[PDB]
Colleague: 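Our group is looking at a structure that contains tetracaine; some questions.
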Amino acid sequence: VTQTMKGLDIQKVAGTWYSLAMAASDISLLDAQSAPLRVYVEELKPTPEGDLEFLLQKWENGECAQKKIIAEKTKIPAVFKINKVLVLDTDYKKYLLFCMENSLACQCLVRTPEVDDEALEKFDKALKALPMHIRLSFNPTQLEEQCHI
Amino acid sequence: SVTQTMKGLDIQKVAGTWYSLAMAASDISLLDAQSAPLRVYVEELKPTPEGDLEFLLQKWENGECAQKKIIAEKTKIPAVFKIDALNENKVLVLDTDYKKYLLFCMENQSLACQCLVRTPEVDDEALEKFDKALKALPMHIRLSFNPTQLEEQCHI
Ligand SMILES: CCCCNc1ccc(C(=O)OCCN(C)C)cc1
């Protein structure tokens, strides 16, 4: 992943998000509820030091676990270290596109638990240069359920 | 569910070798596991003397790769077939050029579609036409397979 967001203002990504769609380089990264990169972003909280706190849900040992993880800033405003987190694009008010790279998985986040045509079209365009072998998308009912069940 | 069928399908010309390059389904659970209900790999098509279409496929069953044969019976629409199985179903051929790619769906309402290729290689045209076809359909999971997997039992 090289195409990261120019001019990111991380403070404007604060608040609630919903994982609408995800894609990964390897089927095993996303295929099961327990798959390693099957994670649902529920909130982003930029820190006073310019780090990025993720609140996510992840299926572990038969429960939907909530995790709070700090992604530490790097010299590239759009790149953090949790894996590298790369923010490809956001309009702050509607969508955010990011990837996790070690293996590669990318997500389309939306501000409201609804399908957004613009967000998904931009996600598809961003994935054209990336060697993805699994793509998932979630319905509005799933977005509001613990671990998108 | 599926609006697009192949006009003027000649089932004799779809006969022979195929490989499942990509698949997509309306419900993640139809395709997410090696054991998922619509996770099947088409290896060969055989038209019958009655104009039915026999699918020779691989399916993960009892933790091993099994060979299975499924007859999709002809209907009054050339590109639409029906498997004698408990559940109401349709097999729909969306598009083929016969010599490189074939796009089909299974409707059960559950829906899964596949991109078949003649040669066990990633084909840009096959995948681009598959993706265009899927824009019309409410898919929540898409898988694609590397050329090594195409020639392994059950795409392992
Ligand atoms: C650049 C403007 C940043 C303003 N911040 C926000 C603006 C909007 C939202 C938000 O969630 O809006 C959803 C409603 N649709 C119409 C936008 C969340 C944060």
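Naming convention: chains lettered A, B, ... in sequence-line order (proteins, then strands); numbering from 1 in each chain. Scope of the values below: all heavy atoms of this structure, side chains included, with no hydrogens, waters or symmetry mates. In each ligand, atom 1 is the first atom listed, and ligand 1 is the first ligand listed.
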Colleague: Determine the main partner chain of tetracaine by heavy-atom contacts under 4.5 Å and name it as in the PDB entry.
Modeller: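 Greatest contact count: Beta-lactoglobulin.
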Colleague: Heavy atoms under 4.0 Å from tetracaine: which other chains do they belong to?
Modeller: A
Colleague: Just to check: does the deposited model tie tetracaine to a chain with a covalent bond, and where (residue and atom)?
Modeller: none
Colleague: Give the residue list for tetracaine, heavy-atom cut-off 4.0 Å.
Modeller: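 Heavy-atom neighbours of tetracaine: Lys12(A), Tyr92(A), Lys93(A), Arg111(A), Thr112(A).
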